[PDB]
Amino acid sequence: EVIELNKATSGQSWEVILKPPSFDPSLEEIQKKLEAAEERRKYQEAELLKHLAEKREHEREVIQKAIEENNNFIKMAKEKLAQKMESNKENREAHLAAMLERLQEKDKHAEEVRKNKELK
Amino acid sequence: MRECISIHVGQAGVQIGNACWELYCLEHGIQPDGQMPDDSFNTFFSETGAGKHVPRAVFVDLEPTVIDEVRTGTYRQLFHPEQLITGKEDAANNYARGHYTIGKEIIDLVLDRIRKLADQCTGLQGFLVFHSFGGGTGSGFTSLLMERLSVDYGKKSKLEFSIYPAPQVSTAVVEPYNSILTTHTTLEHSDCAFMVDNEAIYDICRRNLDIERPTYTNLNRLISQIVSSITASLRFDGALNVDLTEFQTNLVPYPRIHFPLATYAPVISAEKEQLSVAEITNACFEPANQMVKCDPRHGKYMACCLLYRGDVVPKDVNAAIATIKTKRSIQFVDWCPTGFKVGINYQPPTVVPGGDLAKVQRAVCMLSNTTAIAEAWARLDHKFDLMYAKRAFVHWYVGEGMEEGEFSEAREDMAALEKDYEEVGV
Amino acid sequence: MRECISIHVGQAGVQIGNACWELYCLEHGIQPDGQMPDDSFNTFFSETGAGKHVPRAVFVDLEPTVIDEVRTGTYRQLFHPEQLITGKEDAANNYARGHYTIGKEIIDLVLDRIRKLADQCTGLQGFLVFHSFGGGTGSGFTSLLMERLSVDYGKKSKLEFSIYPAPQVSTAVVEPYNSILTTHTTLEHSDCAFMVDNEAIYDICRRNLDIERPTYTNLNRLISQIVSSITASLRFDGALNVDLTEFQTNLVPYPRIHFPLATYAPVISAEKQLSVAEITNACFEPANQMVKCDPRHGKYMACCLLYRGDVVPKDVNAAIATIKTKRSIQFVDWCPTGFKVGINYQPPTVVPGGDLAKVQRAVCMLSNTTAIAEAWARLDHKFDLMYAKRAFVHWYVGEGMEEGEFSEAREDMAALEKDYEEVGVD
Amino acid sequence: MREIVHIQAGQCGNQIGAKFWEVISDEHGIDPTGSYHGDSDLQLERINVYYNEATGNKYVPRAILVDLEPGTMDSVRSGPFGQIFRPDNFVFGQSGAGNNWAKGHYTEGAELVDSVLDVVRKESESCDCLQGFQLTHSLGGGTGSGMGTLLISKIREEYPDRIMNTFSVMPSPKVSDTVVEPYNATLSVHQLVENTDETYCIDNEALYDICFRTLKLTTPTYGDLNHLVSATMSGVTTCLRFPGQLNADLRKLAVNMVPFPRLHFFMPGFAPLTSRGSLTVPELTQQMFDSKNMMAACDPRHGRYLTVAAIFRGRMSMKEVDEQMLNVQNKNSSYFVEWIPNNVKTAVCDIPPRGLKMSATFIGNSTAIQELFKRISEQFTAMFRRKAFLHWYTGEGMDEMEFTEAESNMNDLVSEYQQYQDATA
Amino acid sequence: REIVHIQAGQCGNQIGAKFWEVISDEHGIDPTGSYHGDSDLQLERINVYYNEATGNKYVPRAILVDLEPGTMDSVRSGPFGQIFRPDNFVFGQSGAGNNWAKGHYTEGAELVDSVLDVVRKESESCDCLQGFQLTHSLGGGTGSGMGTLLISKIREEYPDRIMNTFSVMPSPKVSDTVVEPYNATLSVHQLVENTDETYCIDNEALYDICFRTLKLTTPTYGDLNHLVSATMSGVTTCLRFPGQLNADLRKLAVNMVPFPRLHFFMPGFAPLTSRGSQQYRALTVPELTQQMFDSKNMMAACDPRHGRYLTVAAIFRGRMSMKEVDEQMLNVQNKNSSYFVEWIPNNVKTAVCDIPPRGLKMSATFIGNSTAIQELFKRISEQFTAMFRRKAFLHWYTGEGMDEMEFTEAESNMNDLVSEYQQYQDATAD
Ligand SMILES: Nc1nc2c(ncn2[C@@H]2O[C@H](COP(=O)(O)OP(=O)(O)OP(=O)(O)O)[C@@H](O)[C@H]2O)c(=O)[nH]1
Ligand SMILES: Nc1nc2c(ncn2[C@@H]2O[C@H](COP(=O)(O)OP(=O)(O)OP(=O)(O)O)[C@@H](O)[C@H]2O)c(=O)[nH]1
Ligand SMILES: Nc1nc2c(ncn2[C@@H]2O[C@H](COP(=O)(O)OP(=O)(O)OP(=O)(O)O)[C@@H](O)[C@H]2O)c(=O)[nH]1
Ligand SMILES: COc1cc2c(c(OC)c1OC)-c1ccc(OC)c(=O)cc1[C@@H](NC(C)=O)CC2
Ligand SMILES: COc1cc2c(c(OC)c1OC)-c1ccc(OC)c(=O)cc1[C@@H](NC(C)=O)CC2
Ligand SMILES: Nc1nc2c(ncn2[C@@H]2O[C@H](COP(=O)(O)OP(=O)(O)O)[C@@H](O)[C@H]2O)c(=O)[nH]1
Ligand SMILES: [Mg+2]
Ligand SMILES: [Mg+2]
């Protein structure tokens, strides 16, 4: 079954029927979702630059620690050498003090030998 | 006067646009400089005070490479520079990048140019939109554009021509994702979308044109022949599909089920006897000539139109139509009449000179809304599920500001569509 | 840039420095007035305005005799007079005179001269210290100086070259005492110490060089070639270079384990050409070590090979590939690779009137082996024999020391022996 | 989306960096004086990707050459194309890094790093749209390892949105310059997991083994190893440098090759393997998935590919390329994950590499790369469980737990790789 | 590196003068002080012992001291008498009566300020004073008593300076003065405390050498002093002549004296000759090394093989192979290991000086720190006790103001010395 539909300058159209039928958001909603996505992108970026900043702080803490280690190694060396040098000085001066005192005690004895000679 | 506006998004849409507008200029006798030595062509071409004809088209890409070849190419003078819009950095195959990151930066500009073309219209019908499912711009930006066009032109039709990805034609790992995502976002905004399967087109180029490895030029010229058949109704004073609204009336009885299957015949190799109205006709029901790979006899029909072109006499058509009824068992759903709308458009089919197609005295393109096209969705859905069960690549999308929830929502919509097709073909 | 400052303490240190600086001036073409007819030698020589190249060296001795021969000898115009520092009275083979009684009167003078050499540096790498274990000055004043340099210069590299006593070569009865005392106080302050067993040098002179009774000039000239190898990396441009930091980190696996064994090849009599493989193999034969010990019964923790002359890296590779197969040569479990390689282009220079033959290529290996503990064991035993009876201790106490320091020094040597045992544990 | 900025750091980085520029300057017809003398305009189409145009129409690499040591960049300047490089882009310190990652990353590197970032910040402002950064460096030493990863961290802070891509040479005891290579490599693999988007794993263990076993070279040298490395770097970038079927950049590569952020370490391969001085498409396709052709010393048949990129260079039918690539896929189906469809991608380029009429380059993201890290990890633990050579690192201010954190993370990367090896569909 | 030389008493000035005669000839100095020598090696270390006078002359840095004016005229009479600075002659008028107490406490104390004046003047003319050496006898009164007083006073003023004595030990074979054991025992007391190194020259051994070996029926001081002078020349060789040795008195004391009180050296010499007697054959190196650990060549009357050497210094003089010298010296040590303590490693040192002494083509001097030297101290202590048991001659000493207790203490101290020598003789390395 044919049924004519339309004719025109550059064509015509019709319909052929064989069997009949067996059976008779908003602009603000849009930009709301895009601004939310943009603020998730910027928040993840904030987090990344925060962790990178935390790594910058760690790096300058490592460099500071190496400086402090070197200054504590100088300070330990300095006070241990001072303690050593002054301990040697007190010991060597004591040996000499003792040696001189023994010699001077002998000189006391020799004057006593002399005076004892004058009694006889 | 019934003006239409073409939008070409991303690489695939720009290069199919190139091929169509080339054919349109050949079909209407417009030279590449826009000069021109039936006035229905004015639906697609405006006219300047210098006598030149300018396509009612906007080309959009987030990257300059492809459109720069338009700016410097053979038809460079046909388009005004305003109609060609590029960013500097593409979407890197990432829907959420084209939709949320870059798309937010360039959309108002694109809408401004569209607003301007629409102002040169005394009766705008609406928009034809060209894009790939797979690219980041073609999926991500296109779906943002459709959202906005619905807001700004509510009572206006939008027809999509969408490239469906294929591993044989330079596809990427993440294209199932992009495909499902843009299909979710644009479903409620498109009134009629013609899918083009790159594998189907590639198969047709190989078998009928004898090109072992087709180029993009090859696929896009064959695609333009199909697009031309569908729009010839609008560009010439035809009788079937005279306005964008008629596509919905004739092919889309149910809104979500708006994906018709195109079939074209004949594709004859230029390198290699004229075929009757009856031979090109029964070649409309051979799956080899489908634009999308599916088996329409494992489905049911809701609508069917035959767009003839060239020297086709109505009695031949009815003679062919009666023969295939007895020869072929094709099934319509219960609540639809079993039959066809027929259009003859007297303009001969035109081939690009020197191209790989051969000039023929007659040709036909069949548009059907069949449930069989669901199995193209099933194929994409399955590749989506494989990757999404392991969350593979999802982190690229979350990093652009998309929420992982959008993946499951989109995939639930595709499920609903798959069972929409199930239900109407019960 | 990359300057090194050299400090030569006591008779042994000063006389060896003589041999070394005579060798450097020959290796670089500096005549004895410092005039000269690749600027890497500037790490060891500063230049005055008149073109005079001047060693970055201090010579120090508590007695004027040895340095007076310098002040009047051939190279008397090579050093400025302020670099040659002498007191009036030596330390009489008594560490405690070098470290306290006599040394404390000249130490400030010595640091002020050193500070002035350091002030002419823009990249001071470190200090090299040459001295004997046995002398009162070599032991006691070097200990004082190393302590004071750690205060002035913090953790800056201090490397020692230490002469190890031998009865065959003018040793004295109390040298075991002085050796342990200087090792104790200097452990914390040195970063790397290269020991030269006077008996080993002595034996190389009599076996390879056919000298019945070697003199100091014989011994010291041999030592100079070895020192020259180590420093050649720093004074020449070379193909594979090793600065002072690379030395310390590739050879010193723990702070106290820092006494590499030096080996040199070839040592050919002047009156008598070897392959890269031949000289490389000979670095693992005990006849060529600078300390008497048996590494075949120890374990290697690190090997540094320094080649000079006509040496191609492919030949060093093929030769080290051979060494990795011989399991006569055992590395510890925790050393996945213990090879660092230097190559410099200039062959070893021979002093005219010397006894060594000019060779096209030589190699000096520094290896860190557990077997060097055998040399510490021999000194400790002689220490114990005498210390058990407190023989000779009263000379040290008189200068202000305490017996307390003797057992501490000996206990630290016990712990060092125990450290070398534990690092060879699997 | 066009220009790449290239950075070579340390001795190794600068050696393979130079050899790379030597290779692509020859492919694009750029002479050492910086001017062009090629015959195809395909050599100029994407020349801006790697080169800047000078006043006298001469081309200048977009390269920044970095070392804490002056010696190697005298050696670069003296090489064949030493004059091609911008004299301003040499940034060299004076002290060296002492084979120590802590020195490169914390103390010496920190005093040179901002001089490097100025040169970087200047070359990137001379870009219309900067695609990303690529870095060549070793992980075994101190400068390329420690300062290189310092650079990457600081470039990421100034260019958060830019792709960072490294060519990282992996130490081996078969060709080692230093005894602390396992510490250096482990500390910087930590960094690369965090802060790069693609890393090409160049394994010296594999380069040495190819030279020895396949190329019959008794005694491999760095010249030999670098011959293989530069071929691979040429092939890997063929699609950035030459016009072709592919309109793709570094970002699209990262998207399609990296399914999970941490799993971004690639096994490079190449065929044919050649020696300095001295095949069929089916054979090309086959030896590309052969263990003997991987620049990472892992057996791919020990794991499974997440994604694979292969590019063929030379005149050859793509029909036969695709047929053999599908045959190989289907033949070896159990070595590809089934939950990533079509995960083997193929590009062809007409321009064959210099000296060869045909070749193929392979980029695979494989779970078998975990064998490389296990190897570094066992050498790490053998030294670290005795704290050997540790005081050179603590002396720089580092704490022990930085070490345990680095190995813990690398052992997590291994188990992460293993988890997808065992994943089903 | 100057040394200040003091000689005290008859014996001190006789052997001191002989010393100056011998080294003046060795160094090319004639009795006027002019240098008439062949080689500059004679002059390099000339300042150790001689001052440089204007007029190109050399004056011994010598201080001559005696309480009796007699012997210091005979020193002026002696050849080389005019060589000494006249101002360094410090003499009294009363002798010491062979009485130590006169030397130490009474007559000697009155003269000791004047000798310290000279010592202060000679030593502050030095640029770096090494130390002092004193020649004296222990049996008399001036050398023993005033000599040990001088040492004590020099200790006070120069406590960081080395003190060295050449001390002649009495013997009944040579002198008849019965109180020589008393004087020697009091002197040794002082020496133990206040000197760093003492060479023990035993008149008993000198007598026996002349009588048994030189066959001199009735030896004289001249005969005995020949052996002293040879020895003093020998042990000072390396202070006086540049050789291998970079060393002074303090370096010697550090390596030869392991315990402070044990610093009494046993000198030895080979070959033994009588004075003014042509030698018709020089010894060979084997002969020298052998005859140097032979008890017949010791200058202290102790058999070395009765004890153990703590330390040994051997000085060879002449043109000889240092190959052969170091060869024999090892032999000697190996063949005779049980005579060296094992707990002082490498305790025998050997120096070779090319300059031989006058009259010999080759000689050897030995300095041994041996525990056998206790045989000497026991012999003094036995003689001391045999007198002291009976208080023999005590009033010579108490008449000068001493007390018995001072004698008891010195006997105690010397018995303590003998005890420690035996303690180390019996010590093992176990
Ligand atoms: N038929 C046809 N398909 C094309 C063409 N160009 C690209 N495609 C397909 O489109 C998909 C890739 O997406 P593109 O359009 O190229 O990407 P895009 O939209 O530019 O977005 P980006 O990812 O930013 O590049 C793949 O499936 C291609 O096979 C074309 O010219 N013709
Ligand atoms: N190889 C070599 N060893 C030497 C040299 N001079 C001395 N020795 C050794 O060093 C030790 C002696 O120490 P010296 O250096 O002479 O003594 P000192 O450091 O000058 O200090 P003093 O005790 O004050 O004289 C002995 O083991 C000698 O064998 C030398 O020129 N070359
Ligand atoms: N070997 C040697 N012994 C001597 C010499 N002169 C004296 N003696 C010994 O020295 C001891 C006596 O000492 P003297 O030197 O004579 O006495 P003095 O120290 O000068 O004290 P007075 O004589 O009492 O004034 C006796 O043992 C003598 O044998 C000498 O020239 N050579
Ligand atoms: C800049 O150079 C390249 C860039 C890319 C790819 C690639 O391999 C062919 C490249 O050459 C090495 C690429 C890689 C792998 C893919 O899957 C693993 C994919 O889907 C897709 C691709 C590329 N797309 C296509 C269609 O090949 C884009 C990213
Ligand atoms: C100034 O004259 C001498 C000075 C010394 C020594 C010596 O005997 C060889 C002398 O000649 C007698 C000397 C002595 C003994 C030693 O061991 C017992 C020693 O180790 C060391 C030495 C001497 N040193 C050397 C290497 O012989 C230093 C002290
Ligand atoms: N493939 C290759 N590896 C190298 C080369 N030079 C050094 N290496 C390796 O890099 C590591 C040493 O690092 P290096 O670059 O010399 O130290 P840096 O200058 O501190 O970065 C070791 O694994 C070396 O074997 C080279 O030319 N090629
Ligand atoms: Mg694109
Ligand atoms: Mg000295």
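In what follows, chains are A, B, ... by sequence order, proteins preceding strands, each numbered from 1. Just follow the structure's listing: the first ligand is 1, and inside any ligand the first atom is 1.
Checking ligand 5 against colchicine, droperidol, istradefylline, the answer is colchicine. The macromolecule with the greatest number of heavy-atom pairs within 4.5 Å of colchicine (ligand 5) is, in the PDB entry, named Tubulin beta chain. Lab note - other chains with heavy atoms under 4.0 Å from colchicine (ligand 5): C, E. For colchicine (ligand 5), the atoms lying closer than 4.0 Å to a non-hydrogen atom of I315(E) are 9 (C), 11 (O), 12 (C). According to the entry, the name of chain C reads Tubulin alpha-1B chain. Here the protein heavy atom with the shortest distance to atom 23 (C) of colchicine (ligand 5) is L245(E) CD2, 4.1 Å.
Entry annotation: the source organism of chain E is Sus scrofa.
Colchicine (ligand 5) has an N or O atom lying under 3.5 Å from an N or O atom of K349(E), backbone or side chain. In summary, the atoms of colchicine (ligand 5) found under 4.0 Å from a heavy atom of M256(E), numbered by their order in the structure, are 15 (C), 18 (C). Only side-chain heavy atoms of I367(E) come within less than 4.0 Å of colchicine (ligand 5); its backbone N, CA, C and O stay farther off. Checking atom 1 (C) of colchicine (ligand 5) against the protein gives a heavy-atom contact under 4.0 Å. Per-residue contacts place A172(C) under 4.0 angstrom from the following atoms of colchicine (ligand 5) (heavy atoms of the residue considered): 20 (O).
Less than 4.0 angstrom separates some heavy atom of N347(E) from each of these atoms of colchicine (ligand 5): 18 (C). Under 4.0 Å from colchicine (ligand 5), not a single heavy atom of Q244(E) appears. Residue contact check: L239(E) has heavy atoms under 4.0 Å from atoms 1 (C) of colchicine (ligand 5). Near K251(E), the atoms of colchicine (ligand 5) lying under 4.0 angstrom from a non-hydrogen atom of the residue are 29 (C). Distances from atom 17 (O) of colchicine (ligand 5) to the heavy atoms of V173(C), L249(E), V312(E), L310(E) show the closest one on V173(C). Taking every non-hydrogen atom of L252(E) and a distance limit under 4.0 Å, the qualifying atoms of colchicine (ligand 5) come out as 3 (C), 4 (C), 5 (C), 6 (C), 7 (C), 10 (C), 14 (C), 29 (C). Every atom of colchicine (ligand 5) is numbered from 1 in the order shown, and the set under 4.0 Å from a heavy atom of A313(E) is 8 (O). Heavy-atom contacts of colchicine (ligand 5) within 4.0 Å involve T171(C), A172(C), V173(C), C238(E), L239(E), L245(E), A247(E), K251(E), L252(E), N255(E), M256(E), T311(E), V312(E), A313(E), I315(E), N347(E), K349(E), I367(E).
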Distances for all N or O pairs of colchicine (ligand 5) and the protein under 3.5 Å?
unit_1, atom_1, unit_2, atom_2, d
colchicine (ligand 5), 20 (O), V173(C), N, 3.1
colchicine (ligand 5), 20 (O), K349(E), NZ, 3.1

